[PDB]
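What follows is one structure encoded as C-alpha cells, with my remarks underneath.
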Amino acid sequence: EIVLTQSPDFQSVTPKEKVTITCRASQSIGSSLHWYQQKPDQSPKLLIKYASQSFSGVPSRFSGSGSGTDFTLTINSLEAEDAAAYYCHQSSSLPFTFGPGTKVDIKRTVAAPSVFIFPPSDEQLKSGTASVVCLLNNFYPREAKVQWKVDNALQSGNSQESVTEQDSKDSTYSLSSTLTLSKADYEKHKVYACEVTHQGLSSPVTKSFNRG
Amino acid sequence: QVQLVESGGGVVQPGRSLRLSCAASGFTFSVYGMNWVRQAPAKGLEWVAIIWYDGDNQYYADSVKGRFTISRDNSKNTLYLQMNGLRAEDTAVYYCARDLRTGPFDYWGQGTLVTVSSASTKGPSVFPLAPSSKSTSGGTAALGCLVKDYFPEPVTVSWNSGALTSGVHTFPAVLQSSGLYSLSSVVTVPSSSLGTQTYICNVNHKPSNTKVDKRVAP
C-alpha cells in the first residue's frame, strides 16, 4: 500500500506572499500524484494533475513540481480565498490513497483569547446533569489547549471541545470546551477552573468559580 | 457542464444497509471510470472505491472491501454504492468523483451525508449561558445557549429573531458518548446592555419538529 504524507500539517500565509507545501510518497509513484483544494464542508477541487500539469480553470498562481517520492505545490502570491485544506492523491497503484492534508490559513498578528467560564444553569442541574462551559474567544494562531481543574486537580476524559473555522472578517478562531459531570459528581466539589494555554499568553490563564 | 449529484444519504442503524446513488450529467458517462471518496467528521479525504468504464472491474479500499459494492448503470448515467454491515466509523460525507484515465479525480459532487447511529430522533434541551461581571472583559459581556442532547444533525441558532448577528459564534456540534449531539452558540455584547437589552436564542431542530426560544438573563 502506497502511503502519502504531507508537510507541514498546518501553515499560516500572509496575502501576496509565496507558499510551498509538500507531499512525500512511501515508494516511487513517478508523476502519478494529484493535488486538491477543499474549503470547509465544500466539494474538493482538482488543482494540479500528474504532479506538474495545471488543470483548466485553475488560477495561474498554483503550480506543482516533483517526481518519484517528493512533490511540491506552490501558491505564488497567496490570495485570501486560498485559505483551505490541500490534499495530495496517488493514482500509481491500487488501493488509491490520499495524503492527510495540509491546512493553510491566513496569517495575522497574534491575538490571545478572551477566556470565560460558565457554571451549569439551575434548570440543567434539576435534570441531573451539569455542563460547565469554557469559552476561548477570537484568538490567533489556531493552536490552543484547555485544561479543566476541579479543586486544583487536573481532569481527563470528561470534556469535549469544538473549534470554529477561521473567521472571514478578523481571521481569528474561537473554541468552546464543555466539562460534563452528573449532578451528584458536580456537588462533591467546590472550585471549577479552566486553564488556557496559547502563544498570545506568556503564562497560561485560569478562569474559575465556586459552586456554592 | 459536467455535474455529479449524490443522493441516498441519511440516518442508518449499525449493521444495516444503505444504497447511495450519483446522477451524472454534461458528459458521456460510459467514457469514464467513477469513484467514491468519503470524509468522516474532523478527518481527511478517504478513497473508498473505483469502477471502470463498463463496470466489468471494481477495486476497494481495505476499510470497505467485503462490505461495500460499487456498481453503475450506463444508460441511467448513475453510479451506486451499496453499503452493508454499516459501523459508526462509516459516518461520513460520501462524494462521487469522476476518474480521468485512472489518474486525477477531475470532477466531484456536492456529497451526501451518511449517519450510522443506533440513537433515535430527539429534540434538544436548551440551557442559558448566563452573562455577568465574570463573563465581562474590555467593555464586552459574553452570553449564550447550550443546545444539548439532540439527534440527528443539524440545529439552527439565531439571536433575537436574526436581528443580532454581530459578536455571534455558533460552534460545530460535538457527538457525545450517548450518541446525541450538543452545540453551544455564544454572543458578545456591550457590558452596559445587560439588564436593558433582551437576549433570546431561537433554536430550531427540523428532524424532530422542535422550536425552542430561551431567554438568557444575567
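Naming: A, B, ... by sequence-line order, numbering from 1 per chain.
- According to the PDB, the drug located at chains A and B is canakinumab.
- The deposit lists the name of chain A as canakinumab antibody fragment light chain.
- Lab note: entry names chain B as canakinumab antibody fragment heavy chain.
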